[PDB]
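Notes on a structure featuring salicylic acid.
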Amino acid sequence: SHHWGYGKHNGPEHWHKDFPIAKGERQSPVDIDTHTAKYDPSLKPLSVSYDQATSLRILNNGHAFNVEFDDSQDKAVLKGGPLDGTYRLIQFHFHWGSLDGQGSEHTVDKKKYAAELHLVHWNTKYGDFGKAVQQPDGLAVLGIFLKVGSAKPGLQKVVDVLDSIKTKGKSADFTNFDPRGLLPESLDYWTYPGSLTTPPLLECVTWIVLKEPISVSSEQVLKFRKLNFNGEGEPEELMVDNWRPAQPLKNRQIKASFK
Ligand SMILES: O=C(O)c1ccccc1O
Ligand SMILES: [Zn+2]
């Protein structure tokens, strides 16, 4: 049967047939043109409070892998930056390429990074994630670019569990993972209003994209590329190039927290 994905017959250019909002006015990702983004001195520093984070499980969902968190309390939250109120971390995942020259969803002056990390948070004033994705300020996604260079020590625990979730539908216990080990040194950022980048493509996201990439080693991103989109017992299709390309910016402003 048919299902959305990243192949020739079901990739991003097809998604609008199943999810018409794919051609909407607030779609993500976008290219970040650094000479059009404006420094906004009213933006606050981003406040990342992850000290009490409780990771639970890691899941291969047939499109990427999600590291899931306990979001029943304000244990891992994002405040400040462009945001009003408190946004709770629910999961993170990545998008990556088949080659080091592509894989990111956002681009910076058309530059593609090897991968992009998305830490997904929902606005606590809406009570749960499902209600938050019915609201224009329901979600905040912290996006972090990955370039290939030196290894990221805080990523290695993720890399080493991937063999146990090779195929679609597999999950593994994944407790005591500290997402602070995935941050770069600087929290300077760009921000703009956008959407989820996979179906259902809902236009609920305040994007916060960090200026500084993290470095990961070639071996680390190689292990991402050994995952499978297919389920166990089906023919192997490598999980690579699970990124949506840049979408039209339309009426939107990208702001910078730094100059
Ligand atoms: O980030 C996405 O594209 C996404 C899609 C569906 C559900 C949760 C999500 O974070
Ligand atoms: Zn994503």
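Per the PDB entry, chain A residues shown: 2-125, 127-261, in order. As a basis for the values below, the full set of heavy atoms in this structure was taken, side chains included, without hydrogen atoms, waters or symmetry mates. Atoms within each ligand, like the ligands themselves, are counted from 1 in listed order.
- All copies of salicylic acid taken together correspond to ligand 1.
- Per UniProt, the macromolecule in most contact with salicylic acid is Carbonic anhydrase 2.
- According to UniProt's Zn(2+)-binding annotation of chain A, the residues with a heavy atom under 4.0 Å from salicylic acid are as follows: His94.
- Looking at UniProt's substrate binders in chain A, a heavy atom closer than 4.0 Å to salicylic acid shows up in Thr199, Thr200.
- Here atom 3 (O) of salicylic acid lies nearest to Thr200 when heavy atoms of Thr200, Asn62, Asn67, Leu120 are compared.
- For chain A, the active-site residue flagged by UniProt that comes closest to salicylic acid, at the heavy-atom distance given to 1 Å, is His64, 8 Å.
- For salicylic acid, the atoms closer than 4.0 angstrom to any heavy atom of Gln92 are 8 (C), 9 (C), 10 (O).
- With a cut-off of 4.0 Å around salicylic acid, the other ligands and ions picked up are ligand 2 (zinc ion).
- The distance from salicylic acid to the heavy atoms of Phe131 drops below 4.0 Å at these ligand atoms: 8 (C).
- Of all protein heavy atoms, the one closest to atom 1 (O) of salicylic acid is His94 CE1, 3.5 Å.
- UniProt domain boundaries put most chain A contacts with salicylic acid inside Alpha-carbonic anhydrase.
- With non-hydrogen distances under 4.0 Å, the site around salicylic acid consists of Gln92, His94, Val121, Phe131, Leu198, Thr199, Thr200.
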Within the protein, flag every N or O under 3.5 Å from an N or O of salicylic acid, and note the pair and distance.
| residue | atom | partner | partner atom | Å |
| --- | --- | --- | --- | --- |
| salicylic acid | 3 (O) | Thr199 | N | 3.1 |
| salicylic acid | 3 (O) | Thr200 | N | 3.1 |
| salicylic acid | 3 (O) | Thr200 | OG1 | 2.8 |
| salicylic acid | 10 (O) | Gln92 | NE2 | 3.4 |

